[PDB]
Amino acid sequence: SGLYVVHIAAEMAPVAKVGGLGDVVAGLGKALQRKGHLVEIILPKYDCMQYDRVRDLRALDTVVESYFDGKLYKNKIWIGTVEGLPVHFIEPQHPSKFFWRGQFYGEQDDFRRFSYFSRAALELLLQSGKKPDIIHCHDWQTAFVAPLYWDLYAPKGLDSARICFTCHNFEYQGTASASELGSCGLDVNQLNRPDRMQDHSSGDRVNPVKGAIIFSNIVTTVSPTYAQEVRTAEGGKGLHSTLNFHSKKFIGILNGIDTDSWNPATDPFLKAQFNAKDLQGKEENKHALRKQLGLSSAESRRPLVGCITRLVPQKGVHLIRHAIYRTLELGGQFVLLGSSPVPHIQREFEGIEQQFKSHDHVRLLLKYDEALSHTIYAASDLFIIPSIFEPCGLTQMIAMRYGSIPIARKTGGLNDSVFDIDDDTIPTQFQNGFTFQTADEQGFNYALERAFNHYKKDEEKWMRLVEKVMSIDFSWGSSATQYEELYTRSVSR
Ligand SMILES: C[C@H]1O[C@H](O[C@H]2[C@H](O)[C@@H](O)[C@@H](O[C@H]3[C@H](O)[C@@H](O)[C@@H](O)O[C@@H]3CO)O[C@@H]2CO)[C@H](O)[C@@H](O)[C@@H]1N[C@H]1C=C(CO)[C@@H](O)[C@H](O)[C@H]1O
Ligand SMILES: Nc1ncnc2c1ncn2[C@@H]1O[C@H](COP(=O)(O)OP(=O)(O)O)[C@@H](O)[C@H]1O
Ligand SMILES: OC[C@H]1O[C@H](O[C@H]2[C@H](O)[C@@H](O)[C@@H](O)O[C@@H]2CO)[C@H](O)[C@@H](O)[C@@H]1O
């Protein structure tokens, strides 16, 4: 009655996490495991992995030889249990030291790093005689699995599985010169054709995500609205034509969040616990965070605006910058937790931070910090996501789970999860926050103004909004069932 489902990905929360992809792999993984499926995950063994939620971590005695550049290479296989999921971590013994770089992403040879991993992952499956019903791969890094499976593993004895591919951001396609596709074992001449993996915008380049759209039996992305956006020329980023052709098997499914990990009632990272029925502990976290950061608590009813994000153009960094000053102008406080891989963006925020070193109302925390994010979601009254585009976004869901009311731009997943309380056309049950259309200060200001007005003018009306938003189901229940139905329908076919 239950499927055997393997997920191959570059991330899994909390052990190897950069953003939402890692969150999703774990969250969907666990939801599927509750539904009775044998779920297993295959990751790289990064040197920079987070050890502390890994149980029973051990190196197996079986070495697994894997192909790359015409030679076979040794891989140490590790197993462990990460939040009840079985995980296989691949440690390559290739002289280039692919997962020994101090970093998850951003090396000059990422293409080689993750195409190797993709090959070795399938090799691990073959060599253990595993016969999965579903192999689910994620983003460009493991897009290589789809053509690899069909070209080299279905005709070697591994022909049990259907392939599912999720793209969590179609911006990242993994494009490179065609020469580089041959490293993992794929036939360049066969696959560098317009009906296969040749890029949309060049002749001697290949496109991993395009290959995964073509070769997979199921293709998803992470919200219904984003799925529509990427079918248009302007949002598709070259791939719109391919997605329109293969539309029958392409569907957008709104991510959930892991509501066991993200739960104010049992969150171990918090000072005080709380829930929809008792917000006592929310005010206590607001006070604790102020005290930890050196923000003023002299006034009651000063709204704390939080923002937790990677600082990259996608997230509307000019609007985030503006929001700091506007929040302050409007008589609120602001806490930013974020860092940028882009130095000019890091430098711009570093300047703002110094400006507010020990200010009573503004603190900027320019770093990745898990513990702190928990207390920021808990403490904050308002949470901003003014994204230029957003495939899904999880932070707005986590914020609402912790009672913080979102202010979001109407785009991609935010359009499917955030609904303005002042728009009459929206049914009352969905209304949970504040939105704006245009990506400029004027648009953002009107949403922020209304949110500050609502917070200040009627405390008990506001408290109902918090209660209501905290009672919304953000779990994977609903969306895990949609993935399950795609899996079963493909297996039967
Ligand atoms: C958070 C984000 O993580 C992943 O994105 C990473 C890329 O996959 C990496 O390759 C790397 O991007 C570099 C490019 O490859 C390189 O060519 C150059 O353009 O520089 C880039 C930046 O160094 O780094 C990216 C992260 O910085 C993942 O693929 C992406 O999907 C993730 N974000 C989405 C995930 C979810 C979860 O479903 C959605 O909710 C969010 O809306 C997405 O934003
Ligand atoms: N600076 C940071 N410190 C701690 N957690 C962060 C930071 N930036 C982002 N996160 C976390 O990463 C995840 C972001 O996922 P998502 O909203 O899908 O955006 P993206 O995938 O583009 O980063 C959330 O769990 C969020 O709390
Ligand atoms: O090999 C070329 C071919 O690969 C994929 O074909 C799969 C197909 O998707 C599965 O349903 C099943 O029939 O196995 C096939 C492997 O040969 C792509 O789907 C197809 O478009 C591509 O050209």
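Sequential numbering from 1 along the given sequence is applied to the chain's residues. Header entry for method reads X-ray crystallography, 2.5 Å. Every number for a ligand or one of its atoms is a count from 1 in the order of the listing. Values reported hereafter were calculated over all heavy atoms of this structure, with side chains retained and with hydrogens, waters and symmetry mates removed.
Notes: drug at ligand 1 recorded as acarbose. Ranked by contacts, the top partner of acarbose (the one with most) is named in UniProt as Probable starch synthase 4, chloroplastic/amyloplastic. Under a heavy-atom cut-off of 4.0 Å from acarbose, the UniProt (1,4-alpha-D-glucosyl)n-binding residues of chain A that qualify: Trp140, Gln141. At least one heavy atom of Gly393 sits less than 4.0 Å from an atom of acarbose.
Selection from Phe111, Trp140, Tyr226, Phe104 by nearest heavy atom to atom 15 (O) of acarbose gives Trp140.
Among the UniProt-annotated ADP-binding residues of chain A, those with a heavy atom closer than 4.0 Å to acarbose are the following: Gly20, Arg310.
Of the candidates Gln396, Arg310, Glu11, the one placing a heavy atom closest to atom 26 (C) of acarbose is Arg310. Ranked by closest heavy atom to atom 44 (O) of acarbose, the top entry among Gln314, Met397, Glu171 is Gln314. Residues touching acarbose within 4.0 Å, heavy atoms only: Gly19, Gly20, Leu21, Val24, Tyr105, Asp139, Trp140, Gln141, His168, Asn169, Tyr172, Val222, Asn255, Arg310, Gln314, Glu390, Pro391, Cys392, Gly393.
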